[PDB]
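Here is the structure we will look at.
The chain is numbered in sequence order, starting from 1. Indexing begins at 1, ligand by ligand and atom by atom, following the structure's order.
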Amino acid sequence: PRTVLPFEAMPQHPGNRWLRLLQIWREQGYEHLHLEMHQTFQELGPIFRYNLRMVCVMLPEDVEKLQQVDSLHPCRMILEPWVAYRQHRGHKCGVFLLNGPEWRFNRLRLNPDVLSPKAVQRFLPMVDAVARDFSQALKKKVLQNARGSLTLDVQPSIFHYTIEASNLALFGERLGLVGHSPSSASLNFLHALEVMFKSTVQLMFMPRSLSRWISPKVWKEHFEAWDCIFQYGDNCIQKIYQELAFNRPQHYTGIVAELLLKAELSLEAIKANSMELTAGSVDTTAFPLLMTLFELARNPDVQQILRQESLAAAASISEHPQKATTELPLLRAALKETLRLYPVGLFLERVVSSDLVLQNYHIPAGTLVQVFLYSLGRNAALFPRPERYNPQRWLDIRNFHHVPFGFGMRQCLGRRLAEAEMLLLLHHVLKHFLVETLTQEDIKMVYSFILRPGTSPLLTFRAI
Ligand code: HEM
Ligand SMILES: N#Cc1ccc([C@H]2CCc3cncn32)c(F)c1
């Protein structure tokens with residue numbers, strides 16, 4: 001009356017666990033993971049076993065079932081390389097690394113000031129200032145050239161834009177990074193994140209009983225990077241903590257400001273989540289920005305459509321920047337499209353707390369279930385012509401097809417801060433510049449814990 005199949009009758013990935021661990025040892029990474037999975041899905045179907053009890057799915061069909069099984073305490077897998085550092089230095093873990101009742105406790109005291117629509121209305125104007133400074137700075141340099149255009153690799157400037165906006169919205173501090181040269185503090189922070197991501201892949205696929213002695217140099221490499229990260233994050237904390245102890249302001253001065261004033265969370269559990277918000281707000285946000293710019297340069301037909309929208313609502317957004325979330329549907333659709341093809345978050349994890357059925361297969365509890373978004377977003381059955389950058393496919397309205405930020409109570413905490421940074425930067429670049437490129441070959445994607453472009457194209461910014 002439904003049909004359920006044995007778990008042991010699942011299509012099995014041909015690989016051998018141990019050899020892939022030795023391949024990662026040798027290659028110092030797993031850059032082509034998204035491709036090896038996409039291929040396997042094409043050979044075995046929309047579900048298969050992979051003892052790297054792990055099950056890999058790809059259909060919105062399955063995400064919905066996975067949220068139905070989400071308990072009151074959804075459970076992702078512990079990320080030991082990250083947790084190890086937290087306890088080596090006697091730190092508390094944030095929402096990204098917690099599970100069970102402690103996670104629910106932190107999460108419910110963070111949602112109001114980090115994710116709610118009322119909080120977005122307060123920090124969104126602050127993001128807008130940074131986005132306007134980004135284009136104002138870019139326009140000054142552009143109109144200095146004879147052809148009123150600047151051609152460059154924008155990945156540095158964009159990454160320093162996301163550090164600016166994130167620090168302003170989190171701590172209410174303004175660091176001279178947009179319109180000015182990078183500081184050694186930021187360049188060291190970005191390099192630590194790069195190494196923290198690299199070394200994570202080298203250690204996350206083998207238990208600590210092996211990586212301890214086969215790759216101890218990497219563990220050192222890994223903890224050093226975190227130290228540099230906790231250094232940058234904690235200097236942001238120590239500044240705002242001392243600044244608030246002497247005056248409790250009456251206006252909005254950032255997110256972490258409210259979290260400290262409320263004091264619903266212990267000091268160590270604010271520092272913990274304040275680390276995860278400072279650290280996970282740079283790469284994950286900046287790379288979809290770059291790909292959005294890239295895809296618009298490849299499709300000027302789509303670009304001008306977005307520029308028209310953004311030029312019309314330009315006035316009502318300068319009056320109240322909050323309107324950007326509702327006056328720029330096409331640009332919000334473009335962002336949905338970028339993440340469909342270039343999902344910085346490759347997969348969603350759930351250790352199911354209860355039996356379930358996927359693709360008419362029995363899934364026991366305690367099983368790890370990974371949703372592989374790279375193939376989910378490329379399944380022609382659900383996305384007609386998935387090879388095409390078509391923002392208008394999201395405007396019609398199809399509910400679990402857009403899950404780059406996860407689902408359930410666990411869904412991304414910074415979801416709306418990221419959307420505002422991406423949206424507001426693209427809105428002010430579209431109404432002042434044209435983004436053009438000769439580079440029209442697809443950009444190869446790399447897996448270093450996140451899915452990111454292995455190359456950054458040359459982009460021209462021509463002014464209007
Ligand atoms: C395009 C940008 C981003 C994408 C695609 C993304 C993706 C994701 C995904 C897939 C998850 C897992 C959720 C789940 O498994 O249910 C997640 C969780 C999380 N993200 Fe984001 N993220 C982005 C930006 C950010 C930003 C900017 C921040 C902080 C400022 C952030 C902080 C977090 C945290 C703390 C969690 C853990 C939430 C929890 O476990 O309850 N992310 N994100
Ligand atoms: N501490 C810390 C921390 C937490 C999260 C991220 C990124 C990686 C994947 C993801 C999804 N949302 C944000 N992130 C990070 F880089 C550092």
Which drug is recorded at ligand 2? osilodrostat
Counting heavy-atom pairs under 4.5 Å, which macromolecule has the most such pairs with osilodrostat (ligand 2), as named in UniProt? Cytochrome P450 11B2, mitochondrial
Report the binding site of osilodrostat (ligand 2) using a heavy-atom cut-off of 4.0 Å. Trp82, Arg86, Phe96, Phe197, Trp226, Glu276, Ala279, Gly280, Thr284, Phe449
Hey, quick one: which residues UniProt lists as binding heme in chain A have a heavy atom under 4.0 Å from osilodrostat (ligand 2)? none
Show which other ligands and ions come under 4.0 Å from osilodrostat (ligand 2). ligand 1 (protoporphyrin IX containing FE)
